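Presented below is an entry in which one can find fluvastatin.
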Amino acid sequence: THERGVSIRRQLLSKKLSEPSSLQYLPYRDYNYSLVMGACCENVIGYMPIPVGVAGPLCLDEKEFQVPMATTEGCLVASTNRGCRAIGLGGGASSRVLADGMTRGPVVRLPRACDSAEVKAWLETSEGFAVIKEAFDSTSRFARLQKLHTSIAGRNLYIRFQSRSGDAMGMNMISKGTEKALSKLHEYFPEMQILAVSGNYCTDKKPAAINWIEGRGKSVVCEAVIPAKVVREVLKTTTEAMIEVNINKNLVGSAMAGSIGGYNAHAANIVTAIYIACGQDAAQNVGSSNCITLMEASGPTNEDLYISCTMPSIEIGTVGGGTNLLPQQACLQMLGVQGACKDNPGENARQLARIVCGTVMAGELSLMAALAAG
Amino acid sequence: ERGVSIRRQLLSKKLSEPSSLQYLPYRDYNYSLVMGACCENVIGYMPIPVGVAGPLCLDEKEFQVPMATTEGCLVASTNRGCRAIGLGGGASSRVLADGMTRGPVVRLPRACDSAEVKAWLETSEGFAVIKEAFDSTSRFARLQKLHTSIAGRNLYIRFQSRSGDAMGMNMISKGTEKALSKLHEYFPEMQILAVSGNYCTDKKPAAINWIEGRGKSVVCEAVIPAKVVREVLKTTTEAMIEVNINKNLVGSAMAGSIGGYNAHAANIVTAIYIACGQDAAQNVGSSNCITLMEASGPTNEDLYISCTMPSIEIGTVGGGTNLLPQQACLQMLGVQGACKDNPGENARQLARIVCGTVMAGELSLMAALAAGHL
Amino acid sequence: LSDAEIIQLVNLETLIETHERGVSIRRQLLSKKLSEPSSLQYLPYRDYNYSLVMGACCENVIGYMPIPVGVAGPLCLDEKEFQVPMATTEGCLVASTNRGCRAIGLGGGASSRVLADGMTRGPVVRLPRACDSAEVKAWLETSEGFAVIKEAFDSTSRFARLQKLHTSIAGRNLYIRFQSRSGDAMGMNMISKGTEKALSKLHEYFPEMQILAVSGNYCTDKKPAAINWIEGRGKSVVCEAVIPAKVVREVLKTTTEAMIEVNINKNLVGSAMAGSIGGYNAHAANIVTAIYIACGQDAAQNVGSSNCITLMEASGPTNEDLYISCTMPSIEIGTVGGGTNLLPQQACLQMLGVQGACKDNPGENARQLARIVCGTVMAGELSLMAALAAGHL
Amino acid sequence: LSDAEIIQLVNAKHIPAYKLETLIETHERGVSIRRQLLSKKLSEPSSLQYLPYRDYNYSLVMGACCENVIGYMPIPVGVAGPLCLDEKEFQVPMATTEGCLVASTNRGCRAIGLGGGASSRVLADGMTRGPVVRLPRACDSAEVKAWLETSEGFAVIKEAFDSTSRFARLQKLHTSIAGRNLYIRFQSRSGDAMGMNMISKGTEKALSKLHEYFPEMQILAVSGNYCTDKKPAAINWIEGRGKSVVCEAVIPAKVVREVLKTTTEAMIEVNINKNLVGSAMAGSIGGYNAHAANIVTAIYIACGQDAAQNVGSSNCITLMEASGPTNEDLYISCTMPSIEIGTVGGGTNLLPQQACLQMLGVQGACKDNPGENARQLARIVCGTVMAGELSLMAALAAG
Ligand SMILES: CC(C)n1c(/C=C/[C@@H](O)C[C@@H](O)CC(=O)O)c(-c2ccc(F)cc2)c2ccccc21
Ligand SMILES: CC(C)n1c(/C=C/[C@@H](O)C[C@@H](O)CC(=O)O)c(-c2ccc(F)cc2)c2ccccc21
Ligand SMILES: CC(C)n1c(/C=C/[C@@H](O)C[C@@H](O)CC(=O)O)c(-c2ccc(F)cc2)c2ccccc21
Ligand SMILES: CC(C)n1c(/C=C/[C@@H](O)C[C@@H](O)CC(=O)O)c(-c2ccc(F)cc2)c2ccccc21
Ligand SMILES: Nc1ncnc2c1ncn2[C@@H]1O[C@H](COP(=O)(O)OP(=O)(O)O)[C@@H](O)[C@H]1O
Ligand SMILES: Nc1ncnc2c1ncn2[C@@H]1O[C@H](COP(=O)(O)OP(=O)(O)O)[C@@H](O)[C@H]1O
Ligand SMILES: Nc1ncnc2c1ncn2[C@@H]1O[C@H](COP(=O)(O)OP(=O)(O)O)[C@@H](O)[C@H]1O
């Protein structure tokens, strides 16, 4: 029994604590550890309950979504809910997925820079790419290599592998594919040393200009027009005040702070709340939060508010990892995107990415209105 | 709980799959603590598996670190890093700075006027007046410094202050409002555009946080004996150093990273933050870290490692730390709540634990990448 | 008419005969507006060929500014020896660079490779909605879409060959980065004309599209930008060399170990602490600037052309020798057009054997010059790093 | 006694070509001879034909500005103006080989002049040097950092630093740790000099003093790239380096129409989408402008500044807004936090460059208010950049 195994572990742990009675408030009973153990967590001593609230309906692409948000930050859900209301009263939001492809960026080294330059040229030919793709794609049915971006630093060569991965976030799958392609590359260049399967050129879980500029995972754009009456009555401000704050805070302020990818008010709050509720990798909030929020006067009198959010690097999935646990599957089902999209692999993950971008836009609208109105 | 059950009933009627909520738990949870403080429109809670890594031998003390995660092998890998550190005599850490920030943006009619306000804020009399207004909002709010930046007629003011054992965003924002109200008495022509002009910078990647710090700045170090590198980490000191330089330094530089000179600090920070009731969205800046390794000892075979994190945003009082399950994890570490005798000591100790655990995580993953053990 | 008579008619190159006199009159007129009338006394203007300058390189000309030119070399690069001209007013720069060349020469020379070649222009256009700009982005990503744009782009010149497109969306805005070869010219003018033509063609397919600016800062030209560092701009070059232990000791006055420790902690860790993007070197900008001024390049392009990462490591059977490499992804350079049309700067290009067009292999002179710049930067890095390591200031 | 004899003697493996001047009794002759020696090593011996070398005062250059001199490179100098700034009019010299740069800048000055002029302010002044030192352990480096942050520690360091020059005044110390490494950014005024030499000397003295209190400390490099000098860096953009300046102006609607050939609305739309959004898409730190580097570079070459410093000196954010009764006037401002400039020392010691500094009325030291000539020049650069931004933006907006 897994539940008793966790029980004993807590007893064994209890003796090493200065306050052994602390564990009494950490839950562990009535939980399915079958799905957890050997797949999601080790040395398990219980679980941490995170409150889940709902924001919506989010009117996006002619559909209505009830968005689950796991958070301990007061007013986050209520504020986001107000943004959804403004969007709904304005006829809804529209979104588009611009790119899709998870990456892995290993670093290999050759004896000389002249050699790494030779390897770079070969990878850039249609023939070089084709053989590397064949080796990469042979690891899984969903791993389809789309492109390579190679960069050198002397005798070092950084290779950014970008690939589709069905409805999965893709890290494991893309990593397995990269290992096989690097092995194949080694057969063509025996003098090549594989330094690390990840040379930080992906880039995974670290802020990086490469993710902002080339994208990682899903690149999405969302937009909406909020009528002047709605800006006044629901957001309690004016279109002019919203625009002035957007330019001076999200553009100029972020520029003064030396930000790369942080041209928004609080995309990270929304991304994180949705990620925790839906079994995503919350640590990926680092790059997934990249966003530029733009606002413009619209309509016959420049009284309406046009808003758009562009997020080039949303790392998300509806199969694998934490999405295999039942409570998180319930949240994915709420959105209608749980598991693989059998009819068209990747569609569930793309829909979830659009929902994230649309919810972020609702969050931006609400916070900006509050800052503008005081 | 009855209101929650009813909200769930109403919500289920708007879903494409009315049974979605079946596996989303909600019973046997105390919502009196959540309602009106941590979350709104509550429909239940999301259980995140909690594992333990340790003991972490830090500053002559041993810690059992709780980590909430759904990523397989993260806890086990971190645990291996702790083992290597423990076998090497432990780690040492130091808090270099402490101060949460808020960076509002105000505007004057002309750039010549904003320059005038700036010179004023830089005199001892100007700062004393602002500090008096700022510090009157709370017993624990003490303004340490001001950093101002001009962009034409706009002026960005970065207020930095201690906040006891609280993360401090609320306290600092209140003090900022009072200080600005006071500044407006001296400059009636000044317009307060937004209490946050993204110059803080909160929840967005920013060079200012990396360079000037935000929250707690911490450094930690350890020396791993050659025999431990071989037997516990399964690699050599030379392989570790080569990977650190080419991945964490050169690779991050090729990717255009600001503050991402590490392997996976974000994973550790996020896991600890969720378990301990911190703001997980703050993982964006809190994850900033530079990992350095070098050879030491009699024969240059031992491994010296250090991790420097200039912007850990953390607290042991307020927000999610008011909930019982998260207090249990803080108690496990011996840092729950306020430190009555020396305000801020519990928060500082938690920051040191985070930096030491990150270092354990870096050691383990780097060894795996170096040895080619995936 | 006398000078005093021409002045009263004013209260020039087309009016007066010779150019030197036009400049002389302009100087006399300007003098009146000066609080110190004799300011221009030491600003030379005589014996200079203004015919190549007027209506091409500068306007409202009042003379010329002499910049001292020194020579560093021989630079042993790719089995050839170069005598590098450097225009500078900074003491010890030429001597220091010369020392670096010596170390490289004593070590058997340096090797270099051009990894990429393509100047860029990044305009910004707008559509009524983001859903529309997304459609345009998708259209440009098709083989047929790119085919038509390339056709329009390429028709503007024999040397204009569009290699690729990189598009980025920001709401209803679309930034398009055009990249193309340009023979031996730096290519900004050629690429800008091709861009204009390609955008007109694009407008035929999407009439609702507004061309906001031919340059939307997505190029990026003369501003520090991560896009140039990551995707390159102009010529991307890498050079390397191995300096024998004996040479490090006797010529550079230090040790391989001290050099490596300084490189890692200054060029890597220090630049990381400073929040630098592309500045992982000691002083590439000094060399780039000195060569650019001497060879008629656009000195303002030093901003991105200076991007460089310098790496050092122990080498040889005993790990005693010094391996060094410099990688510069965005060298914006040319041997035809602009300042390279002036005689004194052509003299410096001729010294290097790269002046003008390479009729046999277009672009070869510009590529060779880029390799020389990267090799000279490496010589400069070696020398300054050795000085910092040994403490010889 | 003859060039041919001297050359034969040199070729007899006795003297390197660089120490020619220390043997001949005339600088110009050493140059002439070095050219002849260089000629025989070129694939094309006549290449030096059009590179001038005669009628130039090499006494100021040798041993101070350049070595192995073979001549000089003439850069055309044009004038843009008058630039109406702070109730004064300036005639700005610009050395460039880029067509239309001077004419375009001149058009921007005209628009500014017709609008009543520009206003500017110097917000900060202080050159920096950022050495890197190492302690045995990170716990030791943390200790040095805490010590430097005390009033006593700073006082001791300031005393050693300031003793190098009367113009040197250590304003602050920004330290950052990376494990056992400690980066210390020294910032100080330097009179009218750009200050790199003075600040480096003071840094060396301060580090020697610090080493007396921490003998375990190793000085790795007087410059650890934390200055940061001649490399793009967020620290310069955020904390400033040299002079931080802001300038502004209001261009009347009629002037935007008639002189700039566009509208206020078109200019604002281009500024936001190019200088703000475009630069953000490109991942720029400090490059929120159209072409500040062109103006900075042209002025720097003409005035004897260090042109390689264009890297950080060109940092600039250009902002435009609708202003006036009907929101048709154009308000513009340029903010440059890191202008590295000086009116004494280096290239400013040469006569032709002093002529350009005199044209602006800022040549040499300001006798009655040290640093005032350098500050005035920084304001001129920022105002000229603003004129350049106005003109190019109008051209891009109008098509
Ligand atoms: C409940 C929440 C949406 N939320 C936050 C605060 C949100 C923070 O987490 C992120 C924010 O710091 C990002 C930024 O704007 O830089 C604020 C708020 C923000 C800035 C401020 F100065 C004072 C209060 C706020 C105000 C009204 C309603 C909800 C609010
Ligand atoms: C369980 C975990 C510690 N964890 C991760 C992978 C961890 C990732 O989340 C972060 C990582 O992506 C950061 C980076 O290094 O860029 C890997 C791993 C990492 C990179 C790779 F190519 C293959 C496997 C790994 C290997 C062995 C044991 C644990 C591991
Ligand atoms: C003649 C020159 C090559 N050059 C420079 C100084 C070079 C500077 O322009 C760039 C440098 O500042 C870049 C950097 O290192 O960050 C120095 C020098 C550098 C730092 C120092 F503290 C003192 C002197 C130097 C020393 C010996 C020989 C030539 C030198
Ligand atoms: C003479 C000059 C003022 N100058 C330049 C070109 C200026 C370039 O050096 C810098 C520019 O590239 C910076 C940028 O905006 O990214 C252009 C120009 C600029 C961009 C373009 F697509 C076409 C022409 C231009 C147009 C009219 C008048 C002068 C101009
Ligand atoms: N529609 C789908 N999209 C992606 N993966 C799918 C799908 N259906 C099934 N799978 C399988 O589930 C796995 C995805 O989870 P996992 O292996 O943990 O990798 P990842 O880290 O990408 O989530 C793959 O082994 C794949 O074969
Ligand atoms: N005035 C100078 N002009 C050009 N190069 C110089 C000059 N002084 C020194 N050098 C360069 O520096 C190298 C070092 O010479 P020097 O400083 O005399 O030291 P050492 O002779 O002890 O090696 C020389 O080989 C030369 O390349
Ligand atoms: N205003 C100034 N700013 C910077 N350096 C200055 C200034 N005035 C003088 N100097 C420096 O001091 C040197 C000598 O001038 P100064 O100190 O005034 O003494 P003196 O009495 O010999 O003129 C000059 O060569 C220059 O380097």
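The chains are labelled alphabetically, A first, in the order the sequence lines are listed. Chain A uses the PDB entry numbers throughout; the residues present, in order, are 487-860. Here chain B follows the PDB entry, giving residues 489-862 in order. The numbering of chain C matches the PDB entry: 462-472, 481-862, in order. The numbers used for chain D are those of the PDB entry, and the residues that appear cover 462-860, in sequence. Just follow the structure's listing: the first ligand is 1, and inside any ligand the first atom is 1. Recorded method is X-ray crystallography, 2.3 Å.
Tracing fluvastatin through the model gives ligands 1, 2, 3 and 4. Here, the main chain in contact with fluvastatin (ligand 3) is recorded in the PDB entry as HMG-COA reductase. Other chains with a heavy-atom distance under 4.0 Å to fluvastatin (ligand 3) are given as C, D. For atom 13 (C) of fluvastatin (ligand 3), the nearest non-hydrogen atom from the set D:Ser684, C:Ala856, C:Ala751 comes from C:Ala751. The heavy atom nearest to atom 14 (C) of fluvastatin (ligand 3), considering only D:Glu528, D:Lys691, C:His752, D:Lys692, is found in D:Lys692. Counting protein heavy atoms only, atom 20 (C) of fluvastatin (ligand 3) is closest to D:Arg590 NH1, 3.4 Å.
Near C:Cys561, the atoms of fluvastatin (ligand 3) lying under 4.0 angstrom from a non-hydrogen atom of the residue are 1 (C). Taking atom 23 (C) of fluvastatin (ligand 3) as the reference point, the nearest protein heavy-atom neighbour is C:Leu862 CG, 3.9 Å.
Atoms of fluvastatin (ligand 3) lying under 4.0 Å from any heavy atom of C:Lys735, numbered from 1 in the order shown and given with element: 14 (C), 15 (O), 16 (O). The protein atom (non-hydrogen) at minimum distance from atom 10 (C) of fluvastatin (ligand 3) is D:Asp690 OD2, 3.3 Å.
Heavy-atom contacts of C:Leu853 reach the following atoms of fluvastatin (ligand 3): 4 (N), 5 (C), 17 (C), 25 (C), 30 (C) (cutoff under 4.0 Å).
If you check each of D:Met657, C:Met854, C:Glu559, D:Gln770 against atom 8 (C) of fluvastatin (ligand 3), the one with the closest non-hydrogen atom is C:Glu559. At a 4.0 Å heavy-atom cut-off, fluvastatin (ligand 3) does not touch D:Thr664 at all.
Note: no N/O pair closer than 3.5 Å links D:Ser661 and fluvastatin (ligand 3) by distance alone. Atoms of fluvastatin (ligand 3) lying under 4.0 Å from at least one heavy atom of D:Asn686, given by number and element, are 16 (O).
Considering backbone and side-chain N/O of C:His861, none are found under 3.5 Å from N/O of fluvastatin (ligand 3). Shown in contact with C:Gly560 at under 4.0 Å from a heavy atom are these atoms of fluvastatin (ligand 3), numbered in order with element: 1 (C). Against a heavy-atom cut-off of under 4.0 Å, C:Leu562 is close to the following atoms of fluvastatin (ligand 3): 1 (C). At 4.0 Å, heavy atom to atom, the residues around fluvastatin (ligand 3) are C:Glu559, C:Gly560, C:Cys561, C:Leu562, C:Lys735, C:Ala751, C:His752, C:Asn755, C:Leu853, C:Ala856, C:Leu857, C:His861, C:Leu862, D:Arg590, D:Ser661, D:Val683, D:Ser684, D:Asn686, D:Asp690, D:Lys691, D:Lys692.
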